[PDB]
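Drug present: capreomycin.
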Amino acid sequence: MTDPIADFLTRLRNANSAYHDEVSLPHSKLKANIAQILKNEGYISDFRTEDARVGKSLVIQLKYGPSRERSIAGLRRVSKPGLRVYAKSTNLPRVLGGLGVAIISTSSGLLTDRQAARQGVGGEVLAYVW
Amino acid sequence: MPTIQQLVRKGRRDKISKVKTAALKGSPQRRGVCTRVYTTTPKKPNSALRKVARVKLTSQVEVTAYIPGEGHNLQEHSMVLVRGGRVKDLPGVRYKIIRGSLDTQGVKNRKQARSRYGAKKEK
Amino acid sequence: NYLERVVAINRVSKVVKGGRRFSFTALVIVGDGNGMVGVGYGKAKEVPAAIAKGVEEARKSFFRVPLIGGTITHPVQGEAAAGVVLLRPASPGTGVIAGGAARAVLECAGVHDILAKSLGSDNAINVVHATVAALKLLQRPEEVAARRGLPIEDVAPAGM
Amino acid sequence: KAXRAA
Amino acid sequence: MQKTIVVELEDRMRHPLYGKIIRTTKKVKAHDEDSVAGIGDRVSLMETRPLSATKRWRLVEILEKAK
Amino acid sequence: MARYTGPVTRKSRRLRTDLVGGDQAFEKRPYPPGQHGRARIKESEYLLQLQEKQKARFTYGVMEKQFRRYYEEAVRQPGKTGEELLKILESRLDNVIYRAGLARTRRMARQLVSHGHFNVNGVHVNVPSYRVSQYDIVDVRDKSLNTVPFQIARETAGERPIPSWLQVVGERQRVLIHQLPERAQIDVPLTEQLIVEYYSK
Amino acid sequence: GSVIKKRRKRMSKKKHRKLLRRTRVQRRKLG
RNA sequence: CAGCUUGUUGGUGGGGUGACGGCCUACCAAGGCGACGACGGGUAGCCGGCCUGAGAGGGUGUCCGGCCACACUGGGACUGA
RNA sequence: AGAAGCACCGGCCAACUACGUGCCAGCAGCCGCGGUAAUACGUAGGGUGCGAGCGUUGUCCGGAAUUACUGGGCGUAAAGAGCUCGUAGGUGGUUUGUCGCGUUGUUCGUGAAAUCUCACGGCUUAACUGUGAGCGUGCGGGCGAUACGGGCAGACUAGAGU
RNA sequence: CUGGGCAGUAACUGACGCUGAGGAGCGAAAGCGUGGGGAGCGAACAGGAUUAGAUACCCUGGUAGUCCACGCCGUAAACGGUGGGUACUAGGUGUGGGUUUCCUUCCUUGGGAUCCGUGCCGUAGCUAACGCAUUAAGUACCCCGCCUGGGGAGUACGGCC
RNA sequence: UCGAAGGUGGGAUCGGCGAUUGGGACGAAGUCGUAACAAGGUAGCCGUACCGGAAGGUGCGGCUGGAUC
């Protein structure tokens, strides 16, 4: 068992595929912060920082509603625990121009592609949201 | 293979494409002694005789070379300039000679493709 | 009314006790030069009859392409059941490059700026199907606005 | 007859 | 080795293409006139003039001693 | 690396259009290039695109090896490569003279230029392919006076409308280019994209 | 059938083993 | 090609060197390298760069330019900055 | 006046009508043609392509995502070790604070010239040369932050185990 | 005599986990060593039948062997033709083990919840198709291992056992 | 002292020749069989041991990429 990001994201991939209501998962720092960023983008619906019994938990609402059409295309994690990928501010991802928001961990923290460009700073490219 | 860590443990290597000639380190063309003219039969679905020779190159190697064009002026001598090419109908054929070069004369009465078969302008 | 493009005909055989039944069929596609592209295959002993059937199938099925001027929004991975075709906007482009009969599809679409390439199977039929898959995977900015609020804010200085 | 096999 | 200590040089570098970060292990000769360290201790080493077979490293600082 | 030097009907009919004409508007013939040309023919992108490339080749009279040099340049430059090709070709000396209508045919225009009848700002040039920029004024050769194809040519200059990007004085035929030679904006009798794609395969 | 893929190897090993049972002795042992 | 290594490994002293330096050298210690490829075999002058390719990369490193070695083969030394 | 030839022409692949020929001769890069009606052989003619070059051979790359980081596979297509254990190595949960090694940002130096890109300019144009900028993907030094990774110090517990 | 595993409990540690080249070990039947045993069966073998022929089928009889003690070789569909681990995602039907609720006797020891294991059908998804499908051949991470046209060939030279 | 070239002697390693010999490949109609594909006429296969000129057969054990059911 490892790579919490993969479960974090692939649980969403199942929920997106199945059109389930919400995804419940163990709480953690990165999970919460990332969830807030995705919400800021508006790819996801709201999410909760619950706390069942043994530790804390998280619940992410599946974003959809115009129709059965979900608002989330899919994703892929690119920095793998063994292939860490970092980029410089001037050769940053241009994945689905603008659209393909990559979440980057910089000296300041988690942020978007455009914000990263405006700051002019590199960092670790965790994953893509399509 | 996958698993980047496996690729670092062991590097990669492609399928080695074989050297297709023994023409003196693969030099384009070579001088042959030009011996042993035979007119052998290709595979079954061909029904023909094709002119070849077991000739000795500067490498001291006996090889089978194709004799293009109709006719010839060779008597198991009259050295030849050998070049590449294949036939597929004549197992063992890997090389060809140039008609009209070094000894051999060009092919007569050919009007088309003067640049080949040792052919020439009407002059 | 619409542009005609034809994929290389093939030949089929239904064997019978007393031999063979040769029959012809050729994939045909059409388009209005604005992405509204129809695809039909057909099949018949007669070449024109199978053709007309294909034309009818196309008329029974069109897809409206999210084009920008004469090109696409984002790169797309046209992974079908069999074929694979990846392609990109090529924002300048100034030309249309794709593989065999993909180009024909693009000509029926009426595009002018594509950089595309076919991988995997070269069986033209599923190559086409992969192209179609890619197109159905395409989406416009204002359709993205349905997925997420605050439109406009993207990376597209041209548009028009 | 032959020479080849046959 | 009498007035010189073998030290493991730990380093780290990426493969030129694949980019995987991997660790590099080298060996050095910590020549010094007074061995003042045990084993497993962290030690700061520094380059100087050759003395014997290469003898570039010197013992400077004792830190983070072994259990 | 040299001039075509032959009958026009063999290519104008092969490409199924009168590229230039000359004294005759067109041969007033059908559309079989040669012996068996009356039969129908199956098409290909290679055939088609090739024919278009030939249309430019013979329209301007430039051989392939040089054309690809111009192609390379157009690819190097930003903007639509086909449009860039045409503009580059328009900087050709023989082109602006032909468009000035100072010769019966383009071939005639090139012969005159090749023999120095039309010099430049200060040089007795003899290059059909010379790139003519803005303010690159043609000087009519003084020796060319007391001959036919400058006075009679002037009198017959109306057959070739002067390109809008330049002004010919006429009195001195000082072909003065003012703007860039955007032939893409005027009188394009053939395609460009098909050629652009063609040289990629 | 897919068996074809196995038969060529069956025969090949057979001729090998047969060839050596023909020489499990000084005919081969000396070398 | 997986065991290579006693001038090897380390120290003292001394010489010697344009010069630190087992470079050399008397004595003493017994180490050192190595599967994060020792020893060995095969192949090869290296690079800016040339060619290809969309590029990542591949091939190549011929002219020109820089660097290194060699001068019938081998060995040694003088003069001398 | 005084100076045009060469290759090809069934398809792949722009590029054909006939004659002669009759599994023979003979052509061929792959499929392949010729067994008396050859658009594939020899010839004429016609046409195509290029052009004082044109064709052939040879060699490298690509095309080949057929060594696959970008960018491929292993149920039967060739490919999962007969199974397990366990060393090196790889990898490693929640988390406080820490070092700032890695990475990132900045700055200095470095990264020669020529060559390459771009823009100008000069040889009558071009090639070429010339100017300038760029490129020079990259190192060290110095300068800030510390996200993430990593190390140290330490904790909780669900992991795993008892 | 002795190993392993599962549920519940959550008493204890507090990341001590997973994989694992090279390496070590276990590893059907056949076979081999030494020695015992040896009913029946039964390669080889013999004879008869069949067949044009039949050193094969068929039948008779019958050696080695099968069996046991201690050793070697270390192969096979040693196959689910599916490496291991980890997390997640329509259901239903059967089954094995155990725990626990409603019906608490409606006796049913049923239904329901939960953890493992097992076999079937099946949604999505995947797949060249066949098919897989909460035991994935789906989504997705780590590690290991193996191929890169068929033959020549998993053979030769070499080396280890 | 050092120390070339050379010599002596024995080993390592690479390569070529080598009667002869085995196997492999290829080749219009060669000669005796006809095992495999259907239940291919005794179902086939993997490994293993014995036998025959050959396809092969045979025995222990294993699988279904296997009859009937």
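Protein chains get the first letters and strands the later ones, always in sequence-line order, with residue 1 at the start of each. Keep in mind that the numbers below use all heavy atoms, side chains included, and drop hydrogens, waters and symmetry copies. Residues with modifications are recorded as their parent amino acid or as X, and additional atoms are not taken into account for contacts. Partial entry; contacts are within-part only.
For capreomycin, every matching ligand or chain, copies included, can be listed as chain D. The main binding partner of capreomycin here is, in the terms of the PDB entry, 16S rRNA.
Going by heavy atoms, the other chains that come closer than 4.5 Å to capreomycin are K.
In the deposit, the organism given as the source of RNA chain K is Mycobacterium tuberculosis.
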